[PDB]
Structures are given as C-alpha cells and as structure tokens.
Undergrad: 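Below: experimental structure, lopinavir bound to Endothiapepsin.
We count residues from 1, following the sequence as given. Counting starts at 1 for both ligands and their atoms, in listed order.
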Amino acid sequence: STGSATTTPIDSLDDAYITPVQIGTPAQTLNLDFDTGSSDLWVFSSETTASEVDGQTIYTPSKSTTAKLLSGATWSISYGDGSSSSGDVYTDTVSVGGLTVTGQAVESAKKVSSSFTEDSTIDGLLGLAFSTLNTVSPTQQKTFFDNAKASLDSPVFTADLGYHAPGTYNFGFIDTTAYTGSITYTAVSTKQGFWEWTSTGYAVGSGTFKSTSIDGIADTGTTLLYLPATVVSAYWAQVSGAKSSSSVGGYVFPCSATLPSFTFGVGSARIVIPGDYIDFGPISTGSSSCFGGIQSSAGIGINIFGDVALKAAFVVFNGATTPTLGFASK
Ligand SMILES: Cc1cccc(C)c1OCC(=O)N[C@@H](Cc1ccccc1)[C@@H](O)C[C@H](Cc1ccccc1)NC(=O)[C@H](C(C)C)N1CCCNC1=O
C-alpha cells in the first residue's frame, strides 16, 4: 500500500504545515501538524475544555462508529517551547492520503496550552518520531507510521515541504520526479527516539565549506533551523546590521537586508537553503526589524534541522530495520 497527501503552510511565513487526516467512521477530517520530532497523534476534540477551543475542527468520538475508548489510558506531553496538552485515548480508523490504519491510537485532548488554542489552523499533531517517545500511559501506543509500515510497499515516508507553497507527504514510495540528482543517505541514531543524524558541515553564502560534525534531529514540527552558536554567529556576521537580541530572544536583522544562503552537508552532498527561506518577517507588526530563521541551539540542548532546512530538500525517512535518512536537492 501507499499514501500521498498535500501539506500546506498555515500562514505567509511557513510557520508550520498542516495535512488533512481522516479519522473515524464516517470520516472526520482534521488538519494535523505532521511532526517527525514527537510520537503522539493527538487532536482537539469534543472533550477539550471549551474555553481552550478557538476555531479548531474537533474530533467527536461519540459520532464515530469505529471509535473505542482505550480503557485506563491517558496521555500528557510537553514540547520544546513549553507548550503542552493532555487527555484520554481512543482507537479508531485513521487515513492519510488513501493509506488506512485501523486501530490507531487517537489521543483526544481534554486540555491544551494557550499556544495551541491561539493557533486556529492546527487541529492536532501526528507524530512521526519513534514509538519509544509515545506518552500514552500505562500502555505505550504506536505511531501511525509504525502501524502502517508492514503494509507499505516500502517502509518509508518522505517529506517534501514547500517554500510559500504546498508540498507533499508520501508513505510507502519514493517519487523519483520530486527531486533532482541523487538521494544521499546518512546514518540515524534512535537512542533518543528522534531521527537523529550527523551533518558533515556548513557554508555561509558563497563562502568556504567548513567540515565539522553537527549532531541534530530532522524535525518537521519545528519551524526554524537551530544550530551551534559558533555556526549561527558565522551566518549572521554576513548580514549587515544583524544582532542577537536578548529581549526578542534571538537574532534579528534589518528587513531591508538580502540574506545569504546557508549550505549544510549530508555526507559528501550539499543542501543549499536560499537566503529568502531564512526571513521570518517583522518581529512585531509594522517593525522594520525582522526575525531570523537560523538561531542558536544553546538554550535547547540539541540541534534541530527544522522546516527552514528540510523545505530545501526532498527528505526520506527510511524506517527499515536499521533506519536511515535520505536528502536530495529539488
Ligand atoms: C515528546 C517528547 C518525548 C521525549 C523527549 C522530548 C524532548 C519530547 O518532546 C518532543 C518535542 O518537544 N519536539 C519538538 C522539538 C524538540 C525536540 C527535542 C527537544 C526540544 C524540542 C517539536 O518537534 C514539536 C513542537 C510542535 C509544536 C509545539 C507547540 C505549538 C505548535 C507545534 N515544536 C516545538 O516545540 C518548536 C520549538 C522547539 C521551537 N516550535 C514551537 C511552536 C512554534 N514552532 C516551533 O518550531
């Protein structure tokens, strides 16, 4: 089997991407944030505290003839930015772009934190990291990809995120028309439950490539590119007037600037992020100071190849017995 679904930026800055997902019988379509950095499929629901729902589409399990409460099961998650959600668990039928999983754990929110309430465009998350990170207690549950993997033509999914444009998540096959050149594969450590890999280095604009190992995670659920402070300082030094602002919480730059590209290494291959991908617009409405898309990972504890990096590539998440990650230019 295979599946294919279009993923769409939620706003003009590509702050996140949403993908339609069919849940239950008859289908209830919710737009979920596909997140290779977490392993819970959770949704706004008829059980979510009413004051915490503000425009989201909700899952109503009582209207699904295939929904079953998973007795005694609860979930609770806290994300890297301090956002959180929690609730109970149903099993139900879940389909993505024609690919169907029966018995998928659908985590129904009773509580969500304010950042989720304030984003009317995201109806929940679909986790695509490894199932060891799933938060359901007392019995951990499997991700959508884990449940589907054995049925897929190939045990893979691919992320093709667009810049200011729609893109595609494919399950079970590699669309050889979606990229240029070859796919370079690189080793993955699953010990932290992430798609964790080691970049071979970087370059800023037309500058010299610096060979240096950068351990980090491929995370479709993080907007920006978070890299070591030395790397990020070298990038923003090439942007006249850029500075790290402690009040804003990262590097800002004059909105009139033309940003240089940023290149990262995948083995001997190179992925080039165009400068425009690194512009996240005014820090506040009407300001001429703009927020940078490459930021220091010092406060995080891990480097994150988020959407800024991944949308410059066609990315293969290979879930074979020994998982690997593939990157191609496109
Ligand atoms: C679940 C789990 C188990 C074990 C260990 C950890 C760290 C676990 O947490 C996983 C985790 O936080 N993953 C995040 C990136 C992560 C992995 C490991 C450590 C730290 C972080 C990321 O993919 C998911 C989450 C999605 C989200 C959150 C709030 C609103 C909307 C979307 N995204 C975010 O937190 C990011 C942060 C990092 C800037 N974020 C917040 C919104 C706006 N945009 C955005 O980019």
Undergrad: Which of the atoms of lopinavir are close to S83, meaning less than 4.0 Å from one of its heavy atoms?
TA: 29 (C)
Undergrad: Considering only heavy atoms, which of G37, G127, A16 lies nearest to atom 11 (C) of lopinavir?
TA: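 The nearest heavy atom belongs to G37.
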Undergrad: Nearest protein heavy-atom contact for atom 30 (C) of lopinavir: which residue, which atom, what distance?
TA: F116 CE2, 3.6 Å
Undergrad: Okay, next thing: which UniProt active-site residue in chain A is closest to lopinavir, and how far, heavy atom to heavy atom, to 1 Å?
TA: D35, 3 Å
Undergrad: Looking only at protein heavy atoms, which one is nearest to atom 43 (C) of lopinavir, and what is the separation?
TA: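 Sorting protein heavy atoms by distance from atom 43 (C) of lopinavir puts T223 OG1, 4.2 Å first.
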Undergrad: Of the backbone atoms (N, CA, C, O) and the side-chain heavy atoms from C-beta on, which set of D40 has a member under 4.0 Å from an atom of lopinavir: side chain, backbone, both, or neither?
TA: neither
Undergrad: Pick one of side chain, backbone, both or neither for how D219 approaches lopinavir, counting any non-hydrogen atom pair under 4.0 Å.
TA: side chain
Undergrad: Number the atoms of lopinavir from 1 as they appear, then name those within less than 4.0 Å of a heavy atom of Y226, with their elements.
TA: 39 (C)
Undergrad: Quiz question for you: does at least one protein heavy atom lie closer than 4.0 Å to atom 14 (C) of lopinavir?
TA: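 When distances to the protein are checked, atom 14 (C) of lopinavir has a heavy atom within 4.0 Å.
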Undergrad: How far is atom 32 (C) of lopinavir from its nearest protein heavy atom, and which residue and atom name does that atom have?
TA: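 In this structure, atom 32 (C) of lopinavir has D33 OD2, 4.0 Å as its nearest protein heavy atom.
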Undergrad: Of the choices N134, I10, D81, which has the non-hydrogen atom that lies closest to atom 28 (C) of lopinavir?
TA: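 Nearest option to atom 28 (C) of lopinavir, by heavy atoms: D81.
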Undergrad: Considering only protein heavy atoms, which is closest to atom 6 (C) of lopinavir, and at what distance to one decimal place?
TA: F194 CZ, 3.9 Å
Undergrad: Can you list the atoms of lopinavir that are under 4.0 Å from a heavy atom of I77?
TA: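 Near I77, meaning under 4.0 Å from one of its heavy atoms, lopinavir has 1 (C).
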Undergrad: Can you tell me the protein heavy atom closest to atom 40 (N) of lopinavir and the distance?
TA: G221 O, 4.3 Å
Undergrad: Where is the nearest protein heavy atom to atom 19 (C) of lopinavir: which residue, which atom, and how far?
TA: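 Checking every protein heavy atom, the shortest distance to atom 19 (C) of lopinavir gives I302 CG2, 4.1 Å.
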Undergrad: Which is closest to atom 36 (C) of lopinavir in terms of heavy atoms, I304, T220, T222, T132?
TA: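 The nearest heavy atom belongs to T222.
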Undergrad: Looking at residues of chain A within contact distance of lopinavir, which UniProt domain do most of them fall in?
TA: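 According to UniProt, it is Peptidase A1.
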Undergrad: Record the part of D35 in heavy-atom contact with lopinavir below 4.0 Å; permitted values are side chain, backbone, both and neither.
TA: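 For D35, the contact with lopinavir is made by the side chain alone.
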Undergrad: Looking only at protein heavy atoms, which one is nearest to atom 12 (O) of lopinavir, and how far off is it?
TA: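 It is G80 N, 2.8 Å.
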Undergrad: What is the nearest protein non-hydrogen atom to atom 3 (C) of lopinavir, stated with its residue, atom name and distance?
TA: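 The protein heavy atom lying closest is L133 CD2, 3.9 Å.
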Undergrad: Listed by chain and number, which residues of other chains have a heavy atom closer than 4.0 Å to any atom of lopinavir?
TA: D33, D35, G37, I77, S78, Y79, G80, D81, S83, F116, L125, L133, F194, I217, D219, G221, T222, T223, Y226, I304
